[PDB]
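Take a look at the structure set out below.
In what follows, chains carry the letters A, B, and so on, assigned in the order in which the sequence lines appear, proteins first and then strands, with residues in each chain numbered from 1. Counting starts at 1 for both ligands and their atoms, in listed order. Side chains included, hydrogens not; waters and symmetry mates left out as well; all remaining heavy atoms used.
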Amino acid sequence: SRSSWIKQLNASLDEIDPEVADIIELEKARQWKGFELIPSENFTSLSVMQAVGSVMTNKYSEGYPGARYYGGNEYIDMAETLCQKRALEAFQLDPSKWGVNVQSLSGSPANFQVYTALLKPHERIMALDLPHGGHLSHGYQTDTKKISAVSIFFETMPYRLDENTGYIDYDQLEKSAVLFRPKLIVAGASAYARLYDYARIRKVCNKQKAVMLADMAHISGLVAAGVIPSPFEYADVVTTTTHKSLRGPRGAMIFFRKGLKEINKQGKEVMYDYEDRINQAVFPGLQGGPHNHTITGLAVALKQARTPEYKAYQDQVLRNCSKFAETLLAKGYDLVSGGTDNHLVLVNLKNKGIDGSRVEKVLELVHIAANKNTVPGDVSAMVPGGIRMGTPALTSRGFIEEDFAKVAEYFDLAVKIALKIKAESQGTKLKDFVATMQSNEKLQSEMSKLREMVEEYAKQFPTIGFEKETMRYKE
Amino acid sequence: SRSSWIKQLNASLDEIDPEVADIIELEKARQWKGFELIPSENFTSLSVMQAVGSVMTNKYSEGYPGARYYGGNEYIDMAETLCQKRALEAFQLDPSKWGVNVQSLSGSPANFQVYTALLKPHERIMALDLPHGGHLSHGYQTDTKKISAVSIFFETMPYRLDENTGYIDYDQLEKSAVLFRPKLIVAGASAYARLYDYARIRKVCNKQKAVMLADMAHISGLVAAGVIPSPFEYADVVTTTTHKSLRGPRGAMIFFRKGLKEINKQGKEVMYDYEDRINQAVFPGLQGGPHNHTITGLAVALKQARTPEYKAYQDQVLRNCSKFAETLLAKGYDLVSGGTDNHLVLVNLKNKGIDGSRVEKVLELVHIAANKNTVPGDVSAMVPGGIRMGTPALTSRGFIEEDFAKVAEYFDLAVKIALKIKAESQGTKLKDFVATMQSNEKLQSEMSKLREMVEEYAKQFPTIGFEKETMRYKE
Amino acid sequence: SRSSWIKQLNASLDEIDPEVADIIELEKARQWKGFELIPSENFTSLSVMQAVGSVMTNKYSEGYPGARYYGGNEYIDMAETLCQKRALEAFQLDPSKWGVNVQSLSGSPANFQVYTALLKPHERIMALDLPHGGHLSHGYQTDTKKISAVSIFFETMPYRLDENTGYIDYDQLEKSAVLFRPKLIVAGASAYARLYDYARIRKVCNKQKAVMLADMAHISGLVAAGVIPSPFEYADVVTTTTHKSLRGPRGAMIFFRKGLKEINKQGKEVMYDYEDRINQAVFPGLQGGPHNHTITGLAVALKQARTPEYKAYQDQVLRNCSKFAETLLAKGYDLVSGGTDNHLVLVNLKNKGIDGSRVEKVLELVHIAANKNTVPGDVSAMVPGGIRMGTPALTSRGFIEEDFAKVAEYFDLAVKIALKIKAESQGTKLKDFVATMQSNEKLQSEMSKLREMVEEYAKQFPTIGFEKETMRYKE
Amino acid sequence: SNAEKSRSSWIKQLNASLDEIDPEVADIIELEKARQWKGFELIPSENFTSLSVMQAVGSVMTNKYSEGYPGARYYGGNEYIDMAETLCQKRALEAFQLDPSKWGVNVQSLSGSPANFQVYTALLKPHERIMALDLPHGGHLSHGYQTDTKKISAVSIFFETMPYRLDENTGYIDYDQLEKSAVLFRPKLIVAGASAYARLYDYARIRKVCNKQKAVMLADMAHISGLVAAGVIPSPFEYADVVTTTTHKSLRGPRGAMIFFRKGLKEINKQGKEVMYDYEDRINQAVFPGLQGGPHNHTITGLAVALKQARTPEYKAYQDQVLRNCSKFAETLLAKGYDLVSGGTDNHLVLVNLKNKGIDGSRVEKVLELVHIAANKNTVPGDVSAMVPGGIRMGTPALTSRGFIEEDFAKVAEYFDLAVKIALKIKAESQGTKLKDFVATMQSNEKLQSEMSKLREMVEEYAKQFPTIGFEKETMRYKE
Ligand SMILES: CN(Cc1cnc2nc(N)nc(N)c2n1)c1ccc(C(=O)N[C@@H](CCC(=O)O)C(=O)O)cc1
Ligand SMILES: CN(Cc1cnc2nc(N)nc(N)c2n1)c1ccc(C(=O)N[C@@H](CCC(=O)O)C(=O)O)cc1
Ligand SMILES: Cc1ncc(COP(=O)(O)O)c(CN[C@@H](CO)C(=O)O)c1O
Ligand SMILES: Cc1ncc(COP(=O)(O)O)c(CN[C@@H](CO)C(=O)O)c1O
Ligand SMILES: Cc1ncc(COP(=O)(O)O)c(CN[C@@H](CO)C(=O)O)c1O
């Protein structure tokens, strides 16, 4: 059994677990044949995946480079030090003014670790309201329930959009902050199509003596390439995931000011007080052993973020989204804020007489991956009135402006099918919509035809991270 | 532009990032050449790593199978459902009595998610004291500082070993619980060498109406193979990491009772109330998108845990540690609790007149990877008096009992060198010990000789997860 | 020896403690010869004082009538039950819809006991901002310090005046409450000259599902007499002191809704859930033995509150304050909100070119007792711009409208002296003002003349609660 | 006409006597006066206040608002209120022989329970840890208390409490277990104070534990403060950081409280820096503006009177008699076959463990009440439930104030014993085993009712002979 279990440890996935191998092959074909429009998704490189799938996973390395609680970490230290160096370089940060923690396991715990580092329990946080494009890891509660645990352990209050313009209502943010006295204000969003006024957030944070946390998860790759303004110009702390526009592994980073404070902010302490608190909140506070396979893959992704090819990619992401929005507007769709400055759009389906749940069900059946999304003016969060879509993932496969014009066309055809399913539905209920969607033979034929059109279009483009020639599912 | 960055996305790690490729090859050689004795470390299979390094990383799948927020999750749902099914099967659990969450990113957040699910902020937790072999994610504070964030957000109090026997003092645990009124008691440890009396903990939890949480991270593979008694016989909730004795990817699982608990005095069924609370604490409470590459690799590892070869491995892990302990004792070392019933030992160096920091520095230089560790009787956590070592990792490479007798010999030779360095150190500070260790030619030669002995012994064994023939650093 | 301490226990205050007896005689003369304008002060009756100074103080009576810890409480129960029933009658409350607790020791703990009964620690409270006329027992924090412990144990946020009108800005209160989600809103003030819009507060509390607490301490006697609108029409809970306009002993009452609240969606009766929680928060939650002497004096005060002459008194309080306000306005003073609808006025002195601290120092020296008071627009609570004055105390002595016209004249003469002291001061500091006020023979003579005028006017009126003829200090 | 008629009417209302204005309340007070005349008042927390204190508490000092502290007020008109509070503080320090450079005092706290809560609020953050004597072992609710069911005291809601307990073999506090518990629990504050404990505290031992844990030592001396002031037992001020007390109970003052706290140098630390005590500002600010508003100046003035009395030789003689009476009481109970918790007493009370008499405290307390002997049932070591107590608590302060001496408390023990004999007869005649069957017999058995009537007459006849405290017998409305 000794030599036998060594064979099982060194055999390939195809031989050891054909069921799992088949699932991955099906997912490869899904990524090949679909319109992947979820703006938080991307296709990471083969080189990142080879690092994440390496023996770096075997090592325990609690602590920080050169200051570990375990032996054997000479090369894990090289990886984490290299990752930190490349993280600062990717955002053109002076290492005497900025530090970074690369151990946070994902975006949601990264933010919680910042709160734990800098705030006592029940201290006050302001952030963009979830139904107005915020994120759960900034806090969220309903009339009856705290949904995010951020709102359990800390005291949260939202700020909102101007529902007439679709931009953040900074005037109301400032006035609210005077009364609520936040200790930390979050500048970051999941479904905001415009650029943040980081200068205004900084002004409010200075008046309130609040920490300015920029959560740039969605835009980090755009920031790294220098194609939009950087939150590092203003923020005290910057969190980000590594798997969205950055195009890296699933993970996160926390950046923070260090060294001497501004002349007019030096007092009983002259140095920033973020580095030790954040590093200690990550470990020993809330995490144990770093995931060194992810950290090593992150180092790879951060080197890729420096290249001219990467800047060209992020430029194309923005130009594709601009064209995408223009085509949607010309086909009659309403966009929240009327357009976009970044990688995503938010379609408000109110002017079409159908909701996001119904449209997304059709999108899924025609191999278009998006998400239903609350829009300003929605009466209920349970019934989202919009669809969120973006350009990072298909841009990575080589979609350019005319290709996203085609994506908008096929989105439009899917909405028209959803409207027919609604018209053919007997009752008002979503259950009746689904029953029509699964029983009507003519409308199933139209969805089947649209699905073939999407797949034929998407299949022409390169696959990212694997070769077409060795795919199990080539049809 | 297009074809340029698409080639970057599909190129190998060797092509794209030679510096990172070099670091991984160095780490491969280190895992080949050394005694990897950290008891929380293992060598996972190639098939696990191929799944972790797959395109499953690209998908956002917030929610649970068949109840996602995004579209496109048909195959991610297969993987997570398969992982859940295999998790219950690996521990012989009745799915009508047990459920499982496989999304928790690692062991430390998994425990925090259980606390957040079942306890209000500042409610009370008892667990094994960190200096007596507990874990930071069960709580820990000094008289001046909360070290673990568990002790910030919840109210923790330790239970302790009988310092005469090295076993948990269950009588004092019970008496303390009467006074402290815990809402949850943790049964699990990082450096405890004996089996838990889960039945006794169950009786205390019943008396206190406290949740019984077994944290089986270290022993989960032993439990899965059935070679030690199972905490599932008694516990309400069981947490575990997946990368230690289980031999899987870096990740975690939370198991919990579900279904009928009891009939009340009025004949009405009373159901367990763990499942919804725990699942909602993981998401949307504390995490965002699941790491589907890790969940997929975990499904692979859980299938591997079912084989007769895996059971033979875990039986060898136990026999190896017994022989290891026996040989250390014969060579004059003291072990906490005087021996072992599991996969690890904790050496208390007090009778040798040297601390764990000094010994671990020599171990590191002779390529024995272990950790300095606090022991009962240490006056300061800054000066650990022990060394923790265990058998899972080298047993995975085929070490058997006589091989761990040799590991004990080489550990002893390293301690003898550390004692010589201490004797030659003119000063008493650790930096004086380091200065002697780095400048004394005779003792550098002794360490070089022992390092060569360790490497010659370790290199003869198979490498796990890669082949020797293609190693870049064979010399 | 036994005879020795019996004599000590039964001797008069004059025999036992001449120093304390003399202090009381000096205070009697001060209450006789001065203008007592502090609007939270009154002169309570001889009969109340005889009950408060009775042997009812000797009994320990933890618990509630008929449910005491100890025996011997048959007559204490007569008094407390009588007090409770008289309390409901004093405010014309239906005892099937309202209950009352009469044990709370004073106004500040009464509010804290309500919060403890109905809110978990760190739950949210809104109340009128302290510098805008609120009270510390509703919460208060500065930029750097929690001043009220209500703001330590609960999460507080103020609502504010419209600084253009001096009335509460109910529109902003409602908007703030949407974002802050208070669990309790306080409707009550210490330095607000207008009537509360209780119906508007009720509307906001209904929308927010918040408890409506009316703190009527200042206006309780006006409410009992039925000469201003009652908060009991709208509030869930009503707190009050017993020593202000109610004219009773120093103490407090907590009223709460009980019985049927409404019918739910299933047609089921929903009952109020305040009574048990509040009674248990008072005892055993936060207090021990009731002060039976105060409760007995309170019963006496509540019987007085039901009489026609008590209503005539409170009607006179209102007419006196209206005349007072009219006379101040005619003499060029600015009043916050432009006037009054209750028992007090708040004079904003800024248009006269002097502050409240300086004016109050002169008032004190001419035997006019008022308080310096923050006004809306003050930047520092350390430099108050206003003076607060009211009519309950002097109305009790028989001052009528023409007499308060005279009070306004003498106030104005004191302001003129303060302005002369400021003009003569050799410096701008309060310390320089005081030095001039104490050394300038001419201004000292003017203050002596005004003091004689105040005392000659006040001495004409009856003494309340003691006989003028037997006073020690009749000169 | 009517306006002036009304004004004259409400002024007449304010100046009329209680007898004229509210005869119903006056009658209640007269009934309570007669009750205090006729009973054996053995509840050890009760006492009889002096006339001079009551005259100050019932004075026009009640009319004044004086938020803040002497010389630092937020209202005008406080020249004489300042004299009273300053005098009260001075006499408070003098009553316990305290150096004002080492001790400060706050005299504004409204009663014993909020006084402790104010100390916790001053010195502890929310949810920080407190240890105190368990309530059924002799503690007090204001130190925290929770059952398996729920948190009873709000101290246990806002702070994290854990009890320490008696050695149930000896009846003394188990100081060894307290120390071991503190190592694990890490209290920030330990309370040394009891309400139903017949022994004095080992303040030296508490001090050692507090020093080792870097915890505040709070002595809550409510039950013993008058003994401390008279110098007849050791003082908590020798050891404690902060001392709270009721001003009623042992001290025999008005209903109120005091908070004492160390001032000045705590230690010179390892770096050579003076560490000063940080209690005065935190406690004073917790009382106001933190948790209270206007001081109750009538109570503060009555307290100054009580504190002057506490320094006299008559008061010292009284507190000496309190202790000697309790010892004689204990002597007589032991001679009559009763067991005392801890085997005796060192203070003003005893805890009778009724186990060897075959009857519990609930039954005995009911008979005592019917014969006008005021005592209270009390948990004793060995009880299975805190709800069915096996003992009775009795003490000497109140009757000693009326002039009971040693031979009189021998008689009190005799009449207590006669009541126990009646309770045992009721239990023997009870058709059933539950407490309601006992009450059914107690209310129905004509012969046993007659014995209780006889014993009640004996109790009242004995008590009536002694002086009344705080009022004259001659002017009582109820002279029978
Ligand atoms: C003690 N206290 C409460 C307070 C203030 N004025 C009163 N005035 C009266 N007549 N009565 C009171 N009971 C009263 N209480 C205070 C203390 C300081 C500040 C204060 O200075 N606040 C400033 C600055 C303090 C800071 O920022 O640190 C602010 O931020 O608005 C206010 C109120
Ligand atoms: C408020 N309080 C003190 C209390 C209650 N009632 C009294 N009743 C009287 N007549 N006298 C008292 N001194 C008295 N004291 C309480 C409240 C609940 C429990 C209680 O429930 N104890 C549990 C046992 C303790 C536990 O569960 O930890 C029980 O079995 O009833 C005890 C005391
Ligand atoms: C601004 C921001 N901060 C944090 C996170 C969380 O990252 P995680 O999913 O890795 O936890 C997200 C993820 N956002 C996902 C939903 O979770 C999205 O599709 O937009 C985010 O948008
Ligand atoms: C019982 C238990 N529960 C949880 C964890 C945390 O797992 P994580 O490191 O993946 O967070 C550990 C890790 N234990 C590591 C140190 O963190 C070890 O070397 O032993 C653990 O031992
Ligand atoms: C609305 C309200 N609620 C509560 C209180 C507190 O009463 P207390 O001083 O008896 O604690 C007050 C007292 N107000 C006093 C200052 O404390 C005053 O001069 O106005 C109050 O105005």
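- The drug or drug candidate at ligand 1, out of methotrexate, lotrafiban, entecavir triphosphate, sorafenib, rigosertib, is methotrexate.
- Contact analysis gives the chain with most pairs under 4.5 Å to methotrexate (ligand 1) as the one UniProt calls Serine hydroxymethyltransferase 2, mitochondrial.
- With heavy atoms closer than 4.0 Å, the chains neighbouring methotrexate (ligand 1) read C, D.
- Of the protein's heavy atoms, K372(C) O, 3.4 Å lies nearest to atom 10 (N) of methotrexate (ligand 1).
- When the UniProt methotrexate-binding residues of chain C are filtered for a heavy atom under 4.0 Å from methotrexate (ligand 1), what remains is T142(C), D143(C), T144(C), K372(C).
- Nearest non-hydrogen protein atom to atom 11 (N) of methotrexate (ligand 1) is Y74(D) CD2, 3.5 Å.
- Looking from atom 33 (C) of methotrexate (ligand 1) to the surrounding protein, the closest heavy atom is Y140(C) CE2, 3.5 Å.
- Protein heavy atom in closest approach to atom 22 (N) of methotrexate (ligand 1): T142(C) CG2, 3.3 Å.
- Protein heavy atom nearest atom 2 (N) of methotrexate (ligand 1), with residue, atom name and distance: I147(C) CG2, 3.8 Å.
- Residue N371(C) approaches methotrexate (ligand 1) through these ligand atoms, each under 4.0 Å from one of its heavy atoms: 10 (N).
- For methotrexate (ligand 1), the polar-atom distance check finds no N/O of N373(C) at less than 3.5 Å from any of the ligand's N/O atoms.
- The PDB record for this entry identifies chain D as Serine hydroxymethyltransferase 2, mitochondrial.
- Close approach of methotrexate (ligand 1) to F288(D) is summarised as follows: ligand atoms under 4.0 Å from at least one heavy atom of the residue are 13 (N).
- Binding site of methotrexate (ligand 1), heavy atoms within 4.0 Å: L136(C), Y140(C), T142(C), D143(C), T144(C), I147(C), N371(C), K372(C), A381(C), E67(D), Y74(D), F288(D).
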